[PDB]
A.B. asks: 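Mind having a look at this structure? Questions to follow.
Note that chain A is numbered according to the PDB entry, with residues 2-64, 68-385 shown in order. Reckoned from all heavy atoms, side chains included, excluding hydrogens, waters and symmetry mates. Just so you know, ligand 1 is whichever comes first in the structure, and atom 1 is the first atom listed for that ligand.
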Amino acid sequence: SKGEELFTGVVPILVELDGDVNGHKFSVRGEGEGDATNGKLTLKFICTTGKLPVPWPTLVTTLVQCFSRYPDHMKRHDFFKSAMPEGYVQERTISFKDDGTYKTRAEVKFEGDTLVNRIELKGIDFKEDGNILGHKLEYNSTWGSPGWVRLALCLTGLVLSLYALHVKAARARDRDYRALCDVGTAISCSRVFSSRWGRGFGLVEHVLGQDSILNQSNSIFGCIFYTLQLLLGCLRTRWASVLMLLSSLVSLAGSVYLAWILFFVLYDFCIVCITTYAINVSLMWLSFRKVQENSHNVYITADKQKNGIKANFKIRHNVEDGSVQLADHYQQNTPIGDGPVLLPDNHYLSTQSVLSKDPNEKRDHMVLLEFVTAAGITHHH
Ligand SMILES: O=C1c2ccccc2C(=O)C1c1ccccc1
């Protein structure tokens, strides 16, 4: 692969898109540099026709995977580089969920010493009021809407915790108290909250002492927790997502311990408790999803009958009301010229993107930094 020998060092990249979406025609141009040795791209794109009719984040993937870092156990699998300098044809079908579709065809090749990506894109079936043409996606804000589902979960969790607080304080003060969540003799609410295990989870007093600041009614940790999850769900930084996930894992372990008490130790059926548990599971799942948005995995499999590759993956774009927009990608790559090519075993490219804005750019632009490194190929016994 003399091709891969083309990508030591820092190559100049040019990119040119001509696109038509639901009839609105537009042209994008981008210039930058590529470092296949660190898998790092830096690029600035400007729309040359005026107002871009779609959101910038939906054109990132259409807008040079030959700049990926292929590690040493994987050199025999880098198709993109091994097609150079003749280049390759990359074809994508990008389906947006409950919305339209992009069809793209690009040629990627060396022109002089410049890696050139030339794209024709055609989008159909878009709703002019949907997420795409309505410009309802997020670009890169620090703060954002928590979304309706996160809000339902956290407010319900908080209200239930404040109720359990009130209920604890009342059986403390009258042993004969019953609350709405006490029902006959099957479903119990008060004997649970006022047991050993309803303060500091029944653990603090043995580990830190009864005086501890941490020997609180469980519902105090509850209130703290649901408040936190709301707040962080309003943040869009990577560390916000890390905290969310780790606090959720704590909540999950606490739920399993408390349920092991509820059954098996106290023998009560507490509906408020089980609801708390379901909420914490939902939050944990959303925690997983939030955290997995920092890196996208492009799944590359070989396509021998066409002498190239095919690719599969999903993008989730943050929508301004707190939701997420799915973008299914199907991809084909076929060499332009001849000569041997490298047909890889199944593997993937791990991709991470950072969008930003030149404060000095009057035109409709996108500054894009990108890190891509390959993984997947199993190792040598
Ligand atoms: O899950 C819970 C549990 C299980 C066994 C023994 C005690 C308890 C609680 O304190 C209770 C709880 C506390 C606050 C909000 C919701 C639920």
A.B. asks: Identify the drug located at ligand 1.
C.D. replies: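 It is the drug phenindione.
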A.B. asks: Which chain makes more heavy-atom contacts with phenindione than any other chain, name per the PDB entry?
C.D. replies: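 The largest contact count goes to Vitamin K epoxide reductase, termini restrained by green fluorescent protein.
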